[PDB]
2 protein chains.
Amino acid sequence: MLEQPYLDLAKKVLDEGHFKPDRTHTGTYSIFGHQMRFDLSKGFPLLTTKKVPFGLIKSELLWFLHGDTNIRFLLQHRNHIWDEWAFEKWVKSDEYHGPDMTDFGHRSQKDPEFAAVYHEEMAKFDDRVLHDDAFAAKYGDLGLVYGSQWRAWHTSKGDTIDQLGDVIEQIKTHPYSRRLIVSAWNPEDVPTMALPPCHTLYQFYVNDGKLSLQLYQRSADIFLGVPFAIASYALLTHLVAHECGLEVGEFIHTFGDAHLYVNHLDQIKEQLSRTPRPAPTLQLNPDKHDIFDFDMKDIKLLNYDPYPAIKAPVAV
Amino acid sequence: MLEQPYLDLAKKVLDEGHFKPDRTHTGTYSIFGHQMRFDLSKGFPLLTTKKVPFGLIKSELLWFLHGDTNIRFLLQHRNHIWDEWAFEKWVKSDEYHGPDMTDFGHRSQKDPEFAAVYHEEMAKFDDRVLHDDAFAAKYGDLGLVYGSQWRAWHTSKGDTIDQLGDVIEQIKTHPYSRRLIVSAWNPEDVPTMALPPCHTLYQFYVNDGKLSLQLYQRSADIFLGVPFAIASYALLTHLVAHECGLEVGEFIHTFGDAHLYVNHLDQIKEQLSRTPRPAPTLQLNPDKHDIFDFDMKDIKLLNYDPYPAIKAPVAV
Ligand SMILES: C#CCN(Cc1ccc2[nH]c(N)nc(=O)c2c1)c1ccc(C(=O)N[C@@H](CCC(=O)O)C(=O)O)cc1
Ligand SMILES: C#CCN(Cc1ccc2[nH]c(N)nc(=O)c2c1)c1ccc(C(=O)N[C@@H](CCC(=O)O)C(=O)O)cc1
Ligand SMILES: O=c1ccn([C@H]2C[C@H](O)[C@@H](COP(=O)(O)O)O2)c(=O)[nH]1
Ligand SMILES: O=c1ccn([C@H]2C[C@H](O)[C@@H](COP(=O)(O)O)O2)c(=O)[nH]1
């Protein structure tokens, strides 16, 4: 079955995994260096052993593809995956005249009442981002995020490079190119970034009329993070190809620090007790050809039968 | 035996390898996505089935480690690995008042007499770089090369970042860090680079008191290029550790386009007929502790018994 690599990945970390503390003071079992292979021509690799919100992946990907960096887009799509990053900025700023919110995300876990207040403030913040246009341009723009790194890389001359754009055009004009690379890592920016990109860089490739992509992930939360990444990128490879009049090849995921947080250990064996069922089929609108124009409705996922969703705590 | 991965790598490309043309119009057999593992604690991975010039690796690595970008250093070390890049610049410039040199590197293969003239001009150029100090600052500086990317990344504010330096310091102060990354890929520079870096990025890692490095190579010449890279980086991992008071872990090589040029096919089966013998031991001077100060004599390779060197044509 397609998704097997992920199960084999988890199962392996449990075994060869060596304990190793991390930033968020939770414990984690690690394996450095691992690469897995998914043949995107046998089915979409959206896990069936545990319900994963494809709707989220979808909207988040488009966001990036528009070179967009403001929250508003995701909010106008029910996506809150990036709230904390914007909300945090909002709390450490002059205007935030509310209750205590320092370390909100971590305190929420052992809330004195904090949960209800944080969850409510978030509504207040989100809403105004959504409505107060000036407020949005002030606290909804995260600034440096995958979209602006892929589509608006700021040069040393005050200009912007549309990496992804060109990579696409290049693929069309020189498909056998060895330098079809989009880079999310900027030596100057990470030194002061909240969360330096995890999906560090990816490389395109063509051969026998098929397109392939290799993502280099420096750090991954096997249980929580890794499933989303697979879908996110596996999709990109589908979209890009359609736009190139190319067949679909393989999604290759290379890892730096693949890890499994201790608090996750019980939920993961749980997943390993499940037997994966046939993998869903992705369907892309055949009329629209410029991916940058694809809208939420232009991507369909046929036959996604999955096991109930397994919950687990997030460690910041 | 240690070096086995490389043999297994070659053997594999020969098998699963799909024909694919490239820039230099030579044919090549490819495999996209491959990762190999070398446990740097069992021996130095300097191939024994074919004589590889460690002396060259050594000097070339130091060069980089000094954040140096001029040829002079390598010349003052018998290294000519980067001559063509500087020589080319010299030929397309106003001062080069000599014979025909356009496409020199490719014409050399089927020389009308070209070989002797090119080889002699190179002496003239090299010599003056070596001596005429002004000439050196003009044609010996390649400018953007691994050293200036590792040690002098130019920011959008006219400053320079010493990526590698910091990564080292970081390793010392936060060994369990997931962002120990040095990047050779700059979105602005490659668009006009002679040869965008092949050794794109690498990541450091620490655990159980051992240091590990994963190199992400976008494109590799299995026969000619890949052997050098192994040694080059496997060394760096040794040097960095010594400087960190760390044990040596593993060298992990991840590939984008691993390839074997057609003109190489005969020489490679030849190598596969050989049985590798025990791998050499690296010995680092125990007195010197700041790698940036290591000099050619501070690195020793004990017991390097190798099979005679296999020659093969270079395709630019
Ligand atoms: C793209 C991308 C990856 N990302 C980005 C991302 C960024 C920082 C991280 N930080 C940590 N500690 N672990 C992560 O998994 C992680 C992931 C994700 C972002 C949000 C959710 C999330 O909120 N999870 C859902 C549950 C989803 C599921 O597992 O079914 C939730 O609402 O609880 C998942 C992945
Ligand atoms: C670090 C690094 C990689 N590099 C850099 C590098 C840069 C561009 C390339 N371009 C192509 N076409 N193939 C390559 O192998 C290659 C390698 C190398 C640079 C020079 C030699 C070289 O001149 N070879 C020796 C023979 C060495 C041997 O194989 O034993 C010679 O003098 O013939 C080898 C590796
Ligand atoms: O697809 C993704 C994206 C991000 N993250 C995670 C990786 C780490 O768990 C955490 C960041 O910790 P650092 O790597 O920055 O140390 O965010 C994932 O798990 N999966
Ligand atoms: O260790 C190294 C460094 C560079 N190159 C090669 C890779 C390609 O053979 C050639 C560059 O072609 P492109 O990837 O740029 O297309 O230089 C290697 O083979 N090995």
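Chains: A, B, ... assigned top-down by sequence line. Residues 1-316, in that order, are what chain A shows, numbered as in the PDB entry. Residue numbering in chain B adheres to the PDB entry, whereby the residues present occupy positions 1-316 in order. Both counts, for ligands and for their atoms, begin at 1 and track the order of listing. Computation of the quantities below employed the complete heavy-atom set of this structure, encompassing side-chain atoms and omitting hydrogens, waters and symmetry-equivalent molecules.
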* Asked: What is the name of the drug located at ligand 2?
  -> CB3717
* Asked: What is CB3717 (ligand 2) bound to in this structure, taking the chain with the most contacts and naming it as in the PDB entry?
  -> thymidylate synthase
* What are the letters of the other chains with a heavy atom below 4.0 Å from CB3717 (ligand 2)? -> B
* **CB3717 (ligand 2) binding site (4.0 Å, heavy atoms)** => B:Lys50, B:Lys51, B:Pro53, B:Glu60, B:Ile81, B:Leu195, B:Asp221, B:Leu224, B:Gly225, B:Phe228, B:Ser232, B:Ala315, B:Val316
* To do: For atom 29 (O) of CB3717 (ligand 2), find the nearest protein heavy atom and state the residue, atom name and distance (0.1 Å precision).
  => B:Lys50 NZ, 3.5 Å
* To do: Could you tell me which atoms of CB3717 (ligand 2), counted from 1 in the order shown, lie closer than 4.0 angstrom to a heavy atom of B:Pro53?
  => 30 (O)
* **Those atoms of CB3717 (ligand 2) less than 4.0 Å from some heavy atom in B:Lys51** => 30 (O)
* Contact check: B:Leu224 vs CB3717 (ligand 2), nitrogen or oxygen atoms, below 3.5 angstrom -> no
* Looking only at protein heavy atoms, which one is nearest to atom 15 (O) of CB3717 (ligand 2), and how far off is it? -> B:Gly225 N, 3.0 Å
* Asked: Nearest protein heavy-atom contact for atom 10 (N) of CB3717 (ligand 2): which residue, which atom, what distance?
  -> B:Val316 O, 3.5 Å
* Protein heavy-atom partner closest to atom 3 (C) of CB3717 (ligand 2) - residue, atom, separation in Å -> B:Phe228 CB, 3.7 Å
* Any nitrogen or oxygen of B:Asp221, main chain or side chain, under 3.5 Å from a nitrogen or oxygen of CB3717 (ligand 2)? -> yes
* Of the UniProt active-site residues in chain B, which one sits nearest CB3717 (ligand 2), and what is the shortest non-hydrogen distance (1 Å precision)? -> B:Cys198, 6 Å
* Specify the source organism of chain B, per the PDB record. => Lactobacillus casei
* **atom 32 (O) of CB3717 (ligand 2) protein-contacted, heavy-atom criterion under 4.0 angstrom** => no
* atom 7 (C) of CB3717 (ligand 2) - nearest protein heavy atom and its distance -> B:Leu195 CD2, 4.3 Å
* Asked: Which CB3717 (ligand 2) atoms, with their elements, are less than 4.0 angstrom from a heavy-atom of B:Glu60?
  -> 1 (C), 2 (C)
* Starting from atom 19 (C) of CB3717 (ligand 2), which protein heavy atom do you reach first, and at what distance in Å? -> B:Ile81 CG2, 3.5 Å
